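Contents of the following structure include carbenoxolone.
The chains are labelled alphabetically, A first, in the order the sequence lines are listed. Residue numbering for chain A follows the PDB entry, covering 42-504 in order. Residue numbering for chain B follows the PDB entry, covering 43-504 in order. All values below come from the heavy atoms of this structure, side chains included, with hydrogens, waters and symmetry mates left out. Both ligands and their constituent atoms are indexed starting at 1 by order of listing. If you're wondering, the header gives X-ray crystallography, 2.8 Å.
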Amino acid sequence: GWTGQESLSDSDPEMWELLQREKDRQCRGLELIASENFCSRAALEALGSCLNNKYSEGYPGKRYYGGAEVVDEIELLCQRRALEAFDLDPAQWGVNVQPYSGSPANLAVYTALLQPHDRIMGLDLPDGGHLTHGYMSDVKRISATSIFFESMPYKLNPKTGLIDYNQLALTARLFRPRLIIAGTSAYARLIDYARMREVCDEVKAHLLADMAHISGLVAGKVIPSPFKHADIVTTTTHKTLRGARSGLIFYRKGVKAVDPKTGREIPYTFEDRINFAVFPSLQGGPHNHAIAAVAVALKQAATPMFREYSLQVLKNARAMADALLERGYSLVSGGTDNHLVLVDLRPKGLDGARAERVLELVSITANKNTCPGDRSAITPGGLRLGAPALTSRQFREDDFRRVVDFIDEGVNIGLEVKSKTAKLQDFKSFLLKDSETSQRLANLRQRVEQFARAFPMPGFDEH
Amino acid sequence: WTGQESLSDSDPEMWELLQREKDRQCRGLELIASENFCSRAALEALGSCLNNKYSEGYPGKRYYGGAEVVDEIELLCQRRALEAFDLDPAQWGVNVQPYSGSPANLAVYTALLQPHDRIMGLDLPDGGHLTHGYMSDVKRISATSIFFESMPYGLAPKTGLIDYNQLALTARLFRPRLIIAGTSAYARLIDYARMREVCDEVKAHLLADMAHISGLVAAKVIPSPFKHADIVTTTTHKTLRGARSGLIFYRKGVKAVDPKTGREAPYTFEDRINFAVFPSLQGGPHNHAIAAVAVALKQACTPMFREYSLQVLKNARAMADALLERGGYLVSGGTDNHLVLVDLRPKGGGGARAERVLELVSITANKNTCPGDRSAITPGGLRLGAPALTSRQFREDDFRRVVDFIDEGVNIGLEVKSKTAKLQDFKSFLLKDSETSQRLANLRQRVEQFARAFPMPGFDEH
Ligand SMILES: CC1(C)[C@@H](OC(=O)CCC(=O)O)CC[C@@]2(C)[C@@H]1CC[C@]1(C)[C@@H]2C(=O)C=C2[C@@H]3C[C@@](C)(C(=O)O)CC[C@]3(C)CC[C@]21C
Ligand SMILES: CC1(C)[C@@H](OC(=O)CCC(=O)O)CC[C@@]2(C)[C@@H]1CC[C@]1(C)[C@@H]2C(=O)C=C2[C@@H]3C[C@@](C)(C(=O)O)CC[C@]3(C)CC[C@]21C
């Protein structure tokens, strides 16, 4: 008779088989999705805890709901570990740990700082921006950021460091936006630019750094911090931070600067505004399980171990980069200085959508990527590859050297099938039905999986 | 570093806190209609490798590879949801991605309205929850009141019951595009068939946020909004006893035709609601939450859980009866659902004194505005629910001692309230006075050991 202390294995075999298939697919796969990581077991033990059951609407100091005695201390702990993880000064920075995920963390900042229809700029979606930074199609508002607010994108300058900081400054003086976002998905270069904070300081905009993709790197000081230049920072606690899926908003606090007469030094106004956008306005009850798992990860990230990881992540990225040039690929202007690598595949003779589907069938998971020349729409000429997921499975430069030989056999199987096919589902069908290709893919799949299965995997053994 | 080390080993500080929260839960009595203790099965999924998987999109329409397995978990959760409530796949869909309750609501508004379009959500004191629409007399509070234009409630004051009259009058005036049949603190059924007239009148949309009653409806004990409503939202916690997540149910397929028009006239909810959740508001789904949600929906699609929902109402009824024979007055006269809103006005006790006393006694219920009320920091009534304790196998008898335990709370309160000045001066006197602090510790021990023996869902030690 139902106790609810039963195991998932006993009460829901259907779900336990599926957890187990997912676990096998991760262990046997080569995961190159720049935004994927494998979460620590420690973190998942918190994530899947009794903190699920506690409603704690409000914030630590006094948050009136009730018993929150212990969760208050978890939230403060998470706060302290957050500010420790990236460089201290609690005198000069605050943090909100309650955002449900990344998109909520951004919509919170917009909501706290701007009025509906206020003007926002971010790197356009195709040029490697996030959806939540704003995106309108020809005839549709697509991001909620573009619906509740007025978004104009700053494009990428095809071949250079790409982020046209020029065209930005030109258009940000014509558009008079009250917040500009500095953050990217598909970009191999450094930003979180002190020059964003000039373009901003100029036209009286707020600088928001969305560092979700590089947060681990920043956490580790293996790349330079947006927290010197930017006044608001948002991140996810997964990706390069390697925690559970949650979000963070960091904001400046205390006295901003001093000005005419004896002074009366002007105070920052973010803290209370961002905390009101998060709890009363947008979110109900925080997910205390996520907050705890986030706390576990942030401590992991404030350690010798995590600095070694993030250095290995850059060297692994460079390795995979150097390796692809060696066989003459083309990387979106140059190479990389971060966690990922954008391959241009038009000069090697294949698009992204074919390359992605071929690698998919050999247990290599990357994403197709629009290259500056946005024909776009599921047939872009690039491929986005990242090192963090595998670097967490103890891969080194030789391991990525070999990952790239497997991608090579993939690209090469593609070209071949691209020479007997009618572009669309006549390609995708041909990979299923053709006895010669179906076999050549199985053989490559089996080599990847044997290669993949041998490396350790964070998490539990079986789920 | 492997990332396979146990949390005990790698973070004792966090492991101690998980463990103190575990102590705290199994210890006390939880009567908050919005709270419940999650199954081990469900938590096993919540804390799985599904946390590791990005699957932006919907099953079949993904933007990444390597979703073969997550597709099936999402569809399973879909199916378990339509089955859980009973619901014909021809005539209903579900979206299982919402991160929580507030997102599920904002997603419906975003899919169905333009910014500044008009929303009638039962006001905060008359039922409530922020996400229905709430401005103070100085400022917009809920983001629903910022991005959309919200006009409050319609209840016959004192008479807890829903003014189906002045609503219909004002829904003919204010001309709102969507009305929210749903409640935080309301012990009665919402006439959904009469909402569907008020709404079919105004050419409005009917939304039910059935967060606290979600279990009951699947369980077929209460009448489902899913006969009258077009859109239904819920959290997967509370009454459903699952992980913190959110669901959005919506009608699909044909809506009948006029004689000559032929027969073409299909629902347009699905694509719009799904597009408001993925490109529009949310990034990647929390596949771990979806999995955990799926566990709970089955745990619940079953014989076992129809006798949870049957015991929940009768547990509620029992509590209701045993406060009419003592505790105070019954805002509504009684209950017909998972909770009772007792008035402490005719008992001469605020809602905020009575809440904070039971807190120090490890019983957590809710402060609740009642129609005879002042709007200051404290004043109102008391909101009780059967889902939490009903989960630790409590029956009607459990719910006579729990009520006698609350009586000792009410009664040490009244005593405190006759030797103290304001609330500030009241809640001081509970902490300071050696005579009262010991009288309270002795009641805390009686409720503690009444529950602490009882079984609780979860991992024993987190
Ligand atoms: C008077 C005001 C309008 C005002 O008062 C200020 O805060 C002034 C501060 C300032 O000057 O900035 C602004 C917000 C607020 C303080 C109150 C309204 C009532 C609460 C208290 C407001 C709040 O924030 C949070 C909630 C929550 C909603 C609830 C019941 C749920 O929805 O479940 C969960 C519990 C909780 C906390 C109680 C009820 C309200 C709606
Ligand atoms: C408008 C939509 C939502 C929609 O397309 C349309 O509706 C167009 C209108 C029409 O069809 O007419 C669906 C397909 C899509 C083309 C675009 C924009 C969103 C991207 C581009 C979609 C896509 O395929 C792949 C991703 C990826 C996710 C991301 C950011 C990551 O997760 O890191 C990695 C980079 C990348 C490429 C950026 C953003 C999206 C989600």
What is the name, according to UniProt, of the chain making the most contacts with carbenoxolone (ligand 2)? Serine hydroxymethyltransferase, mitochondrial
Note the other chains with a heavy atom under 4.0 Å from carbenoxolone (ligand 2), by letter. A, B
Okay, heavy atoms under 4.0 Å: who's in the binding site of carbenoxolone (ligand 2)? A:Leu166, A:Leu172, A:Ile183, A:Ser226, A:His254, A:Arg425, B:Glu98, B:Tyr105, B:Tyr106, B:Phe320, B:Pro321
Under what name does the entry list chain A? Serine hydroxymethyltransferase, mitochondrial
